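Gamma-aminobutyric acid receptor subunit rho-1 in complex with estradiol.
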Amino acid sequence: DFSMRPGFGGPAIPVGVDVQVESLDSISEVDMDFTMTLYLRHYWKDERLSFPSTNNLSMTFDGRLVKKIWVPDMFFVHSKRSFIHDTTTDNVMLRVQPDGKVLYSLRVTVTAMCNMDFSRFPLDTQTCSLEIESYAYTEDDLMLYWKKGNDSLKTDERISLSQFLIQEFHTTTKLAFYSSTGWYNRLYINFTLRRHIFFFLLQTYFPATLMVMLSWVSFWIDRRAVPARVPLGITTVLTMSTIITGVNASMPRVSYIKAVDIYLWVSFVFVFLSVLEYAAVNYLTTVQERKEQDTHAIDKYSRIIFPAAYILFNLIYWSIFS
Amino acid sequence: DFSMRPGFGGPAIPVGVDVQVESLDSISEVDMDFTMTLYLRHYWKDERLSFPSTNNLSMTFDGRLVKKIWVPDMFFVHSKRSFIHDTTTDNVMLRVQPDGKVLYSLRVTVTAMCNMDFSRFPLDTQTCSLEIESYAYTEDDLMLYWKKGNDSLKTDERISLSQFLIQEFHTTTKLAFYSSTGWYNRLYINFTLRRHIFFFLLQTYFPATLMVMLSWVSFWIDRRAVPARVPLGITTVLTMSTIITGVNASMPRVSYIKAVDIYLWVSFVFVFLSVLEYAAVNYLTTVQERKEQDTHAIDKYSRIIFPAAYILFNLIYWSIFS
Amino acid sequence: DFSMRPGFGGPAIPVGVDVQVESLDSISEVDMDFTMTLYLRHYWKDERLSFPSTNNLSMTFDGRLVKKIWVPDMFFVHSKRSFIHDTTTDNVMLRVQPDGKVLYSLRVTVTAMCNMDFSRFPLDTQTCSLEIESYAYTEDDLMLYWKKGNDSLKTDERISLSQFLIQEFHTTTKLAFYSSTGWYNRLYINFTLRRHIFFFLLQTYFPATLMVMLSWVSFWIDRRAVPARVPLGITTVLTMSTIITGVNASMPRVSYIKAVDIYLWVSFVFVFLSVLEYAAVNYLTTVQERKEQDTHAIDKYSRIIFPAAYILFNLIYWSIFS
Amino acid sequence: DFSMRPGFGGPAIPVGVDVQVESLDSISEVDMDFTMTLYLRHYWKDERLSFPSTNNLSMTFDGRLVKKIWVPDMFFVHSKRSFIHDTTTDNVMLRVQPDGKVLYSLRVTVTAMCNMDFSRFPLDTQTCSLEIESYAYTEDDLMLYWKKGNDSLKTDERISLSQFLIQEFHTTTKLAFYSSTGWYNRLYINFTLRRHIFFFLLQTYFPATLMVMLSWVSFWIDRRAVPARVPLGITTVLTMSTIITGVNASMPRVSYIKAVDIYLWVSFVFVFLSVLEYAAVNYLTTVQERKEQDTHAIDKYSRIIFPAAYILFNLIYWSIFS
Amino acid sequence: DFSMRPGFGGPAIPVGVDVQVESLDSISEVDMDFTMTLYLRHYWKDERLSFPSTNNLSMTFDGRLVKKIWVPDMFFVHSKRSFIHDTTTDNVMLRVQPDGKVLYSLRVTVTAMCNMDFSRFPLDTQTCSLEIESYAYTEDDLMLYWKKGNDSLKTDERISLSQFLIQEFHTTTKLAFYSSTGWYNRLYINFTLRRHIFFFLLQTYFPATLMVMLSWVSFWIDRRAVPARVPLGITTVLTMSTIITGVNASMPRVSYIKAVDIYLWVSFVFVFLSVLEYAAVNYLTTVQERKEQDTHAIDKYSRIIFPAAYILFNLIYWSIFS
Ligand SMILES: C[C@]12CC[C@@H]3c4ccc(O)cc4CC[C@H]3[C@@H]1CC[C@@H]2O
Ligand SMILES: C[C@]12CC[C@@H]3c4ccc(O)cc4CC[C@H]3[C@@H]1CC[C@@H]2O
Ligand SMILES: C[C@]12CC[C@@H]3c4ccc(O)cc4CC[C@H]3[C@@H]1CC[C@@H]2O
Ligand SMILES: C[C@]12CC[C@@H]3c4ccc(O)cc4CC[C@H]3[C@@H]1CC[C@@H]2O
Ligand SMILES: C[C@]12CC[C@@H]3c4ccc(O)cc4CC[C@H]3[C@@H]1CC[C@@H]2O
Ligand SMILES: *[C@@H]1O[C@H](CO)[C@@H](O)[C@H](O)[C@H]1NC(C)=O
Ligand SMILES: *[C@@H]1O[C@H](CO)[C@@H](O)[C@H](O)[C@H]1NC(C)=O
Ligand SMILES: *[C@@H]1O[C@H](CO)[C@@H](O)[C@H](O)[C@H]1NC(C)=O
Ligand SMILES: *[C@@H]1O[C@H](CO)[C@@H](O)[C@H](O)[C@H]1NC(C)=O
Ligand SMILES: *[C@@H]1O[C@H](CO)[C@@H](O)[C@H](O)[C@H]1NC(C)=O
Ligand SMILES: CCCCCCCC
Ligand SMILES: CCCCCCCC
Ligand SMILES: CCCCCCCC
Ligand SMILES: CCCCCCCC
Ligand SMILES: CCCCCCCC
Ligand SMILES: CCCCCCCC
Ligand SMILES: CCCCCCCC
Ligand SMILES: CCCCCCCC
Ligand SMILES: CCCCCCCC
Ligand SMILES: CCCCCCCC
Ligand SMILES: CCCCCCCC
Ligand SMILES: CCCCCCCC
Ligand SMILES: CCCCCCCC
Ligand SMILES: CCCCCCCC
Ligand SMILES: CCCCCCCC
Ligand SMILES: CCCCCCCC
Ligand SMILES: CCCCCCCC
Ligand SMILES: CCCCCCCC
Ligand SMILES: CCCCCCCC
Ligand SMILES: CCCCCCCC
Ligand SMILES: CCCCCC
Ligand SMILES: CCCCCC
Ligand SMILES: CCCCCC
Ligand SMILES: CCCCCC
Ligand SMILES: CCCCCC
Ligand SMILES: [Cl-]
């Protein structure tokens, strides 16, 4: 009866796992998941499968036999969707030795969940993993382990992403508990992800800084030139609003406050202050003309105070986000 | 004949349900639905399945047997789409005791409907549920209940969404009626959803307020400076229109009026009034020059009246939406 | 032989239909279709299915039997895609009476075609329908009718759409002809759709009107102030172009002219005329200065003529679209 | 053995085709394909299917028999994807006469490839076709023809697209060759497509023309008014750039130069020239003041030259694209 | 036993491959893959299939037999997804000779991975390939080769893409190694891709250049005209920011720095310098007036220095990217 495991009713069957990674295929920051494609290999012994031959060598069989015999039942924990490839036929392999020792192999694609934190964006670093477990049988019936310890993961040479840098592949194990069903063995594959920071600098931090620097030119123009100092400020506000809106229309739509938001809105406030300043100056000059009938003090103080405050802001900000 | 239920033609079979939630996977505000992934477990007794063994312990069987025996037929009410996972094999488990007591378990993903009301956006709160029912058999043939009352729902530790905060998981029951078919028992899982309000404040309410404050600077500039007071107002109109359009291009495209729309358009009207004001002043000054051949009264009244009206608006608005 | 209908070779079999609507799920204006989810029920008599029991009561059977017996073959006319739900098992029910009277029931989702006309957008009203027909058998073999006349449609209480208002559900029948195959009976479900008009007013008609009103302020400023009257007009053109582009980027991309387009472009022409007007005035004043070496007539006529023409435009436009 | 065709090893079997079109469903300009839904009908004679009855009339059978008998094997040449509808059961019909004459019918949806050329956009016209061929058997085994010549295509009354106008349905035939396999018979359905040109005119050509006309107003303003003639030109450049960007953000993303691109960029150059012109005038006036210590010649020539060149441009352009 | 290959336990079976390409269907630059549709053909000899006939000619069989006999098991290396077409029936062909020589043919669509480098965008050139391999059997059991050397690839006449130009189709072979399973033979199809460069020039490089040229007009306007020289520069900054944002909103979202980015941001810096320049001039003139109570030197130097630097920039840039 191949509807029962080897040693059914006695001790547990040892089963050993080996993996080779083909590609990482895509990543979603909104949905917090990744997609991966791999080969997965299993090893065990089943004397019911032993056959009388002198060759001492394995024999390859088609995947038709897999529906007749007994076979493990691993599954991918915290997956959203997966499948086995089937063109031009099922991507399945079975090899059996005269002893009854079996090798069993599959090609599969999996989408898996990875919780991410974007509060340090674009200076964040993320770490994800893929988890493998037996569905039906508990550690009292099936023993699951990496077939060669640390050497049981292989990774392909041409793996890459158009938006990320990948590093630090390693494996580990853990024992897990369900309240209604029991204890199981679980295997893990781990890796790390990072970004290209200079791209984001050039695209986001650089224009805003130039705009704040442009708002400081106003302190050096003659206060008598009202039709020249009034349009400059409000046009500068317009430009900065355009820039911020542009950045908002292309972000990955996660709805909480991130490191880059703070920089942008602080720059906005600096430009806004620059526009209240000249109103101060104009009003005071005008009342002086009225009262009676050279650079203003607030101009020559602003020329020092504004840049120094911006420099202090930058020091603190990059002390916090490093 | 496993084409008939236990006790077929006599009283009803009691069946008990247990659930554990793996993840919430996505949410659509336009389509008004959510996606969830879970384990679902069933319990019943069927003496046709009893077997002679002394062990007093359950035996695990593969999912091949499920197509041979009789099994419940639960389904998800108000679902749009669902499926059972099948890699590397069907995610199905069957455990049977010498008595004929059965345990039956599945892993599934479901998309379900949840009517939402966005009229208090972004200050809304939504509540959704998942509903479970038997398709074919009525309460005269099958009795459906939670296996352990309030303790029959478990929820995973690492559940989260990139756009929402989740709280308040609990279960309940109700009896339901179809006019052409009869009465059935129904089980429910309920939960609540909320947003991050400070994000939306900073992104939407803050720029508009700054713009209205910028429009009030005009009352303090000398009415004699026409080429300075005329471009300021119309450029301010341009900036506010840009801001409103930016917000309109990223909203979730539900076509009725919401709490935030009102704020934005009232700010627009304030900026517009500021531009009619100086036209009043300019015209009256000009006719006075003509008639004959110091701050104007309408300027020094506007400096008080405009901010006070905006303050009244804010008081009422936040008394209504709280 | 259940490969032949009841009364095969004699008169036609009467089959009666009953329907209950669960939800409308989505709508596409670009593709001109909608998606709906429903229960569908069939009734007929087949003496081959009669069984000797005294109970005078129906017996419920699983969906395994449906592949053995004979069953109708209805299909959805003018559908793009459909399917039957299958979790946790096929959503199929079979009930049979000792007489051989049968009841047969399904749960399904359908996407169906509905030709729409958007030329009165956003003041349009649309009407769609779902059509049911037998595929293989003609009115000489199968007779199809609503089981209870007008009472054979039920609709759920919690149906709604985030973009539309639904009204006027009713059913009817018609006889249809194919040239190569024959005559068939067809059943219909009809309903109507409408929009929220105030949303569209506030978002589209209101800003444009305010802009046209802003362009009329120019007639009251002193013609001597050239650097004040020249930038006002061209900035107003810029603002109106921004607004029109914003509306164009969010419409449902159907490529013919609609009711709202006309309003927007007529407003554009009014703003454009306002800018040619002052050029007239400036040139004539300048040649008068040259010739020789108070409000201009064209100013004080424009102050009357422009608003009156806009009022006439609005009267005609809302007489046409009502 | 229904694993062999009628007359297997002798001459070829004649098979006749009939088609009725239900809808065209969608079109992709980026991917260069369309989607269509139709009924497809086949006719042939097979004496193995003959049965002893006096009725002289056809008998309708369910689609279960189709997997037992022999049946043609047509397929859709240059398709990307297709399928047969299956709700509430397979959309298949089989009718057989006592003679062994058979009729066989299917309902299907197909996506097919159509190479398009957009270089005359939006003044282009496209022509597409659907191709039908036998997969396995060559013209030495199977003869394929339209069952009634030109009368073998029917088209539904309510066919339409939200973006296109459809005309000119007709059928034809051709003989085709594969180098490794042989000669086959092929059938074709052809049709033509066109656009709504006034929509595109109003949305694209009209604003740009108005902007060029606005740039010519500058030649009539007094050269002494520098703060009035300088901002006008650069604001006009800004407006035209906004318009061009708006059009670029909604086009179907095919990356080569089209008829409308040329118009837009030529208008851009005209506006740019207008801004160099006044610089000429200002500089020359200023050096004259310096040298010494009425309308300028370049103004009164520009007033003639610019519009005439634009008129020449339009004549040539519409002589080329008609 | 057709569960074993020809010559099972002896030497390896030679199998020969032939291919014809129907279309390339789509390309993703973000995901770095392409989609292709083809016919694939196999040749081998199996004496178990030999039959006694004098004809010396092949016999065509339906695809029902393929599930009974033994057949190769090729698969597509570095594919993301694939499938075999099945309407109106499986696109499969089997031809067998009295000898036992077999021909076997399929129609399929494949999506395959191709690593791309965009750092020279839009002046890049990409090269991709499709790889074919046997899944289960190693070079000790199956020998895989092109059936006619270089002549075993055919390509269709009407292949094209709306965004790319295709050239240089050829085939090759390589021997490959897996650490846990052995050595295999692999076949390759290679091709090259290129863009339309003039489109990208006109859309991106041309406007920016015109804007830089517009910023140089300021050096020729009279330094006394402050309300004319101040708004020109800041409006020019606004226009250039709009242009850059427009380009950023339509690029294929790969997050590293490319050839075109550099040009755009260098143009931005040139426009920014032009605005600091006049501030220099204004301040120095003003202090001279104060000190005491003709073209400035910095103006007449800028008129030479700015264009020469831009010309040097262009020379170096196009020496690097050619
Ligand atoms: C930097 C921008 C915002 C962030 C965008 C982003 C954000 C996240 C990510 O994974 C990729 C990209 C690519 C395009 C980027 C944008 C291009 C212009 C925009 O300002
Ligand atoms: C706040 C904005 C409008 C509302 C948008 C929204 C709205 C609903 C939602 O669930 C998420 C988001 C994320 C992006 C938000 C946008 C970013 C900028 C824009 O103004
Ligand atoms: C009203 C707008 C154009 C029409 C848009 C539309 C159009 C049709 C529709 O069914 C829904 C919506 C929602 C978003 C709307 C847009 C929001 C801003 C824009 O101006
Ligand atoms: C005309 C526009 C560009 C071309 C766009 C297009 C282009 C091709 C097409 O098949 C449909 C449409 C609809 C929306 C159109 C746009 C609306 C505004 C924009 O300017
Ligand atoms: C050239 C633009 C940026 C690059 C865009 C692109 C980029 C890559 C690509 O494969 C196609 C296209 C088509 C549309 C292009 C855009 C149209 C306007 C925009 O400036
Ligand atoms: C393999 O089989 C041969 C007999 O053919 C035997 O001599 C040898 O010892 C075997 N080796 C192993 C490792 O079992
Ligand atoms: C379990 O079975 C044993 C016999 O093996 C018996 O002694 C014991 O009472 C049983 N326990 C229960 C709870 O049925
Ligand atoms: C139902 O069956 C009972 C016998 O059990 C009979 O007396 C009664 O008349 C039947 N009713 C109908 C409506 O057939
Ligand atoms: C049809 O069959 C009848 C016999 O029932 C015969 O008289 C008649 O000629 C037949 N007609 C044709 C067209 O075969
Ligand atoms: C083909 O078969 C004929 C016998 O029918 C034989 O005479 C001829 O030589 C054969 N040709 C080949 C190439 O095998
Ligand atoms: C490679 C350009 C980096 C620019 C950094 C600017 C930080 C304000
Ligand atoms: C979490 C602190 C946010 C501060 C935002 C300040 C914007 C001016
Ligand atoms: C809105 C600016 C007002 C400035 C007033 C300054 C009074 C000292
Ligand atoms: C932020 C600058 C303040 C300057 C104050 C000057 C008071 C004389
Ligand atoms: C964290 C910033 C909150 C800003 C609130 C502004 C409300 C007008
Ligand atoms: C439902 C009341 C809407 C009021 C909108 C007012 C816009 C100025
Ligand atoms: C459009 C503004 C007109 C202002 C007229 C004021 C007359 C008292
Ligand atoms: C909204 C301000 C009105 C001011 C009126 C002043 C009349 C003298
Ligand atoms: C609820 C606001 C309606 C605004 C209508 C404006 C029509 C021009
Ligand atoms: C079908 C008439 C369209 C008229 C458009 C007028 C635009 C100014
Ligand atoms: C482009 C405006 C020209 C105005 C000329 C008016 C001549 C009476
Ligand atoms: C549209 C206003 C025309 C005014 C003409 C005035 C002629 C003296
Ligand atoms: C229906 C409006 C057509 C406008 C054509 C404009 C051509 C420059
Ligand atoms: C193929 C000729 C393109 C010409 C473009 C001219 C743009 C000013
Ligand atoms: C950039 C404009 C320069 C104009 C110089 C004209 C010399 C005749
Ligand atoms: C394009 C207009 C050129 C005008 C030249 C005038 C030379 C006196
Ligand atoms: C076909 C127009 C090419 C324009 C090239 C511009 C390069 C700066
Ligand atoms: C990799 C060098 C980037 C240089 C960017 C310079 C932007 C001004
Ligand atoms: C921000 C511009 C300052 C210019 C100062 C020049 C001093 C020689
Ligand atoms: C980049 C132009 C610098 C000009 C310096 C002139 C010093 C007299
Ligand atoms: C925002 C600056 C105000 C200065 C008041 C003296
Ligand atoms: C909108 C303000 C008008 C004031 C008239 C005195
Ligand atoms: C567009 C208004 C022109 C007036 C000419 C007198
Ligand atoms: C672009 C116009 C230049 C005219 C020089 C006289
Ligand atoms: C950016 C130009 C500065 C010139 C200082 C003399
Ligand atoms: Cl925009």
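All chains are named by letter (A, B, ...) in the order of the sequence lines, taking the proteins before the strands, and each is independently numbered beginning at 1. Just follow the structure's listing: the first ligand is 1, and inside any ligand the first atom is 1. Heavy atoms only: backbone and side chains are in, while hydrogens, waters and symmetry mates are out.
Location of estradiol, all copies: ligands 1, 2, 3, 4 and 5.
At a heavy-atom cut-off of 4.0 Å, other chains contacting estradiol (ligand 1): A, E.
The deposited model shows no covalent link between estradiol (ligand 1) and any chain. Scanning all protein heavy atoms for the shortest distance to atom 5 (C) of estradiol (ligand 1) gives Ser250(A) O, 3.7 Å.
Of the transmembrane segments UniProt lists for chain A, numbered from the N terminus, those with a heavy atom closer than 4.0 Å to estradiol (ligand 1) carry the numbers 1, 2. Looking only at heavy atoms of the protein, atom 13 (C) of estradiol (ligand 1) is closest to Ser255(E) OG, 3.5 Å. In terms of protein heavy-atom proximity, atom 15 (C) of estradiol (ligand 1) is closest to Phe199(A) CE2, 4.4 Å. When non-hydrogen atoms are compared, estradiol (ligand 1) lies under 4.0 Å from neither the backbone nor the side chain of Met251(E). Per the entry, the organism of origin for chain A is Homo sapiens.
Of all protein heavy atoms, the one lying nearest to atom 14 (C) of estradiol (ligand 1) is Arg253(E) NH1, 4.0 Å. Summary of contacts: the protein heavy atom closest to atom 10 (O) of estradiol (ligand 1) is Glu29(A) OE1, 3.0 Å. The binding site of estradiol (ligand 1), defined by non-hydrogen atoms within 4.0 Å, is formed by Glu29(A), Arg195(A), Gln203(A), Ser250(A), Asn248(E), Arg253(E), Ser255(E).
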